[PDB]
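Structure, S-pomalidomide included.
Chain IDs: alphabetical, in sequence-line order. Numbering of chain A is taken from the PDB entry, so the residues present carry the numbers 42-442, in order. Numbering, chain B: per the PDB entry, residues 413-442 in sequence. Just so it is clear, chain C uses the PDB entry numbers, and the residues here are 1-393, 709-1140, in order. Structure determined by X-ray crystallography, 4.2 Å. For the numbers below, each heavy atom of this structure counts, side chains included, while hydrogens, waters and symmetry mates do not. Start at 1 and go down the list; that is how both ligands and their atoms are numbered.
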Amino acid sequence: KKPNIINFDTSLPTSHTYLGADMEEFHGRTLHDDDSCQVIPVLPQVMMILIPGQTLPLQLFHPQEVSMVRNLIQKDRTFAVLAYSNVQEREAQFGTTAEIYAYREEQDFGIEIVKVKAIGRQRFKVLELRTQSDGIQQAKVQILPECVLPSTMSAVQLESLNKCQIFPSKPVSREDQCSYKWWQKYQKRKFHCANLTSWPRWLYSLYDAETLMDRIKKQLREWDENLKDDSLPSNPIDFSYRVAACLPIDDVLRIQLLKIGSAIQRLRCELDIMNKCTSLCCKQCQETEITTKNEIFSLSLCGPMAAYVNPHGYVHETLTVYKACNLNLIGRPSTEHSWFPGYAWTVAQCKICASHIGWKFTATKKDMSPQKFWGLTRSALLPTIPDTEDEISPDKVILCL
Amino acid sequence: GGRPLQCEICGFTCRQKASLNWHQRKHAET
Amino acid sequence: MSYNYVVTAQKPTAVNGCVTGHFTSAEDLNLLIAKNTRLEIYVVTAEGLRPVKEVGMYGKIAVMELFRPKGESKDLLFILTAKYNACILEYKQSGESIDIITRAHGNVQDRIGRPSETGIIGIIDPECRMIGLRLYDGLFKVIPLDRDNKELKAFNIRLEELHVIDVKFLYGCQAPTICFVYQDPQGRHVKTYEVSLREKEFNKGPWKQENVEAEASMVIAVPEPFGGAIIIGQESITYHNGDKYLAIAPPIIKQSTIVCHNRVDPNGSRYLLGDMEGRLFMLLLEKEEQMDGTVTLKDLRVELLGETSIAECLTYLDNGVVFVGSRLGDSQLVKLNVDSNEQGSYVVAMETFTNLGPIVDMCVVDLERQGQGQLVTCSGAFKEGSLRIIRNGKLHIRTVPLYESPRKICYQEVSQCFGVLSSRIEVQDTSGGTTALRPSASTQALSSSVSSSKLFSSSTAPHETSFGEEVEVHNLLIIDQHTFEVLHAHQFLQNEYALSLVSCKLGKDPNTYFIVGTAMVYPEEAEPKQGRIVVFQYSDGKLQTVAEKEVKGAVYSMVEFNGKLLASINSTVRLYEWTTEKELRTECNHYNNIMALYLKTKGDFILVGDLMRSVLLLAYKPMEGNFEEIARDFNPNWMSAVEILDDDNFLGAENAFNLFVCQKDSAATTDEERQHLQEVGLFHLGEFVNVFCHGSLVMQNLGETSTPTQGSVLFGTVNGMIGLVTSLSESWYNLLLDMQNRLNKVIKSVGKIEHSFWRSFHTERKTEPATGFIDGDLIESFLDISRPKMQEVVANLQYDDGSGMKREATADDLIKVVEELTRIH
Ligand SMILES: Nc1cccc2c1C(=O)N([C@H]1CCC(=O)NC1=O)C2=O
Ligand SMILES: [Zn+2]
Ligand SMILES: [Zn+2]
């Protein structure tokens, strides 16, 4: 469907204004060597599976959490986040590091509150877990390397054709007619030597970072028109992590995608998922359809989905959509601690299983557009592949590519 | 007097005591 | 714990480089030809070429240039390998023994840097003052040409020009001036610098920075008396020299870009140019004597000479003789006469030299059931496309031109005929259809046919194309095994691509059929969403379309699996059964993947392979009528081909010309340990493998129950090289590796490059030493060395003859062992 996108400000949520006065920001960054062994503390109640480059807000209340934060503010400001595969047994084999970039303590109303904004950095595999006497647990971890490869043609590339492997006036004039001509010329030239192998050009084109990024850009523009090629990073690694961070998936599939080492495989998986899963149903019911990707749109600068923090220190990987259905509203609309300034939220439950799905944002002013939208929590949704296909060949939820 | 009860996970407002205890059971269940 | 053995049965034939000079003596006229890892020297005679020496190096020849220093008897050679091993060489002859000496050697590989876009570049100053190399974008490595630099010490100078297309040295310049063409946001430009040795840096160039064609693809250093430089592109040919500028836009070259060249006349009056389509042109420069005596460039001129083999390099050999070094087709020697032939061409073909590279697919067959073995390969590409037949004689080769790109191959015993997938190039003609450029096998078929299916007529309605565009027309050719005639040629549908091919009997039908898999290619939407599986029967000298089945994806590969037909469709694997009604019905499926490209089977085990994500294993369960994922690998490296060794070992070639072998586990331990594959073998082949086969060209023994080598797997590559790999035992492996070390202790290396470093698994991130492999070439080289060195090698070595007692090894025992090994190919 084709609704409105004008009037609001996509930069309001990215700032997370709901956390209050401007925090004490830090700019000194840290990154360890690849395959290096490091001992890092773990946050307990972080039931979120972090992605490198993903923003994460937190409101901590427990005294131990506040003490660990105080100790880290002077040091490297880095901690770990476990990827809980089985939340019941607290099992985690992988995880992601997180660096604090904004901080503010508050002893107001007779309660030790601490507000923090952090960002993802590096992936890692768990080696060992220890627990100190003070409750805070440590983790002996191995940094996972980012495996990057040269172009498929590098090995077969003929020496005579090495020259002019570079294209004249590198970029296209943004237009996709000039760009279709450009992509065809690009494929004929870059993958010419493909004739020397067992496969054709169009196959290799599927494993080229540039082509994959362009197709992903074409899918992204479909969600929001306020996109410029500048906004997105050019580095395929950072690009892939950014794309993955705002794709609504279940935990198992998120774990699987994080396990990927090469950016090429990550991008392939992302495109595959974007094409496959056209439905989004209730995670608990599995049969109750909630929405489709046609209704997806980016209400923030990062993307359609992002992690936000609530008044009680719970994180929600919430997704912004135009339309939803099969939902009963609980309570009355409120602006209390709203993530999208100028809108009031209303709790939404599944009319069948009565499981929380998200909230209904309603505009406070009449001039605002859109007047209403939906924010669905990722933990409560399930991406579903379309059935049909003559119904002689069915399937099951699985990550292809 | 006894103002409404709400859930800390999602803000789900309710009335009678154990109703919210039922609602909260549906979050961290799986 | 796996142990294997690799040997070369055929030397790489693809010509990647050639030069001329005076290497053997100041009098003799020498021509040097590089063939990846081999180098051949020839003396130019008026009739032909006289071979003198052929050497094998421990490195992939990347750059090869001759030069003459001051105070030297003859020209010295410089070679730079792919692993950045540089060496200068001189020639010496002491009677019947001819050996190549290494003057200076060393490695130039930097700790960090971005390997260049346009590959490694290497140039020499005309006066032989220094050697310039470009290995990393922005860094120019300089090697001073002083006699003291035996170690080949170099130093880097940092460049502001990032994406440099080309660079050369200038002639008649008092300063070692470099002129180079690069690109920036504003366009492509030509710029000059002066390399200073005592400053160890750059100084302002003599000329200005001028803009050039956006498609400037080549630079040519003009010799005296002219000097300056020439710029070649897609549509323009210009000449710059400070105060001198000339330009010509010959329409004769606009059809294809020029890629290679060489100098004809030393003075700079004539140059040869070669394009991508195999056309050879001649550039001619004019002069005009001034009163001062300095000849100025009056004008330029280009004229097409003719058509030859698609060239990778060129060179002039006096007496109007020219050498066309091709790596797609057979290399050539041609003559240039001032008068055109009856056809209108100035070039006359003098001789051809077979070139198997590039091999894309092959098969082992026994036409005359001798039990010996013959190999049939799909070599060449485009107009050079051809088939090659190989046997033992030393080796005997038979050529069969096609004039269109071959893809796959297959054999039928019952019909005594071969099936081959091919692809020709056509162009959008004046009307709506297309027309062919030249005659090929598909157009000259004794009998022809076209597919007529009407399953995809609707839906994605065929889309238009503009005039002058090229397109690939696929075909299936049926050929006789003896006469090699183009018996039949079937033309596939439009917007279609043939991917796989098999021939077998399925179900309980005694007839042998040809099975093909296809995919519908459209310029929109990357991966296909459509595809067909077709079954044909060859009978009475004509193919009859027997059956068809539709699939919503590309049929990458197919195989016979215990009477059923296993196939791959995108990320899925599907098994088909042949019904009584003579059709196909699906049974089961498997999904999770990156892409099911490679497929192989053995009994009830199946191996699936991805382009980068290594592989996985499956096993057909009888009662369940389904599959079961057994094991998998993670390493992301560009796979080129795979093959099953036995029920526990598996081989695979990858990106950096490397070969890795994995293994499973039958023991208990844990489900986690069984489901993973152990990288039990690593090796650097130096070739890009494309196809594997089972069999050999030697008689299948039976006379000796005690075979030294177990198993046999042939493989073909891109440079025209063919090899054999087998498995060994633990004891044999240990002894042969000890022999490897002892041999390297003695043998002279071409360029003083350690053999252990040359055979080391290498990638941009990690460089590991070989494991679980034995280099057959080095083991075989033991027979050729002198006897004193043979005795030095086998000195203080424990050897077990006939599995009896360990005793001191003599030279004769090892000679017998190595002879028995050599007799496997
Ligand atoms: N008033 C309450 C009360 C309890 C829990 C929550 C809220 C609330 O507003 N949010 C979210 C939902 C609405 C929003 O956008 N920002 C939040 O913090 C909660 O989890
Ligand atoms: Zn539900
Ligand atoms: Zn709740």
Name every ligand number or chain letter assigned to S-pomalidomide. ligand 1
Per the PDB entry, what macromolecule holds S-pomalidomide with the most contacts in this model? Protein cereblon
List the other chains with a heavy atom under 4.0 Å from S-pomalidomide. A, B
Help me out - I need the UniProt domain of chain A that holds most residues contacting S-pomalidomide. cult
What molecule name appears for chain B in the entry? Zinc finger protein 692
Write down the covalent anchor of S-pomalidomide: residue and atom, or none. none
What organism is listed under source for chain A in the PDB header? Homo sapiens
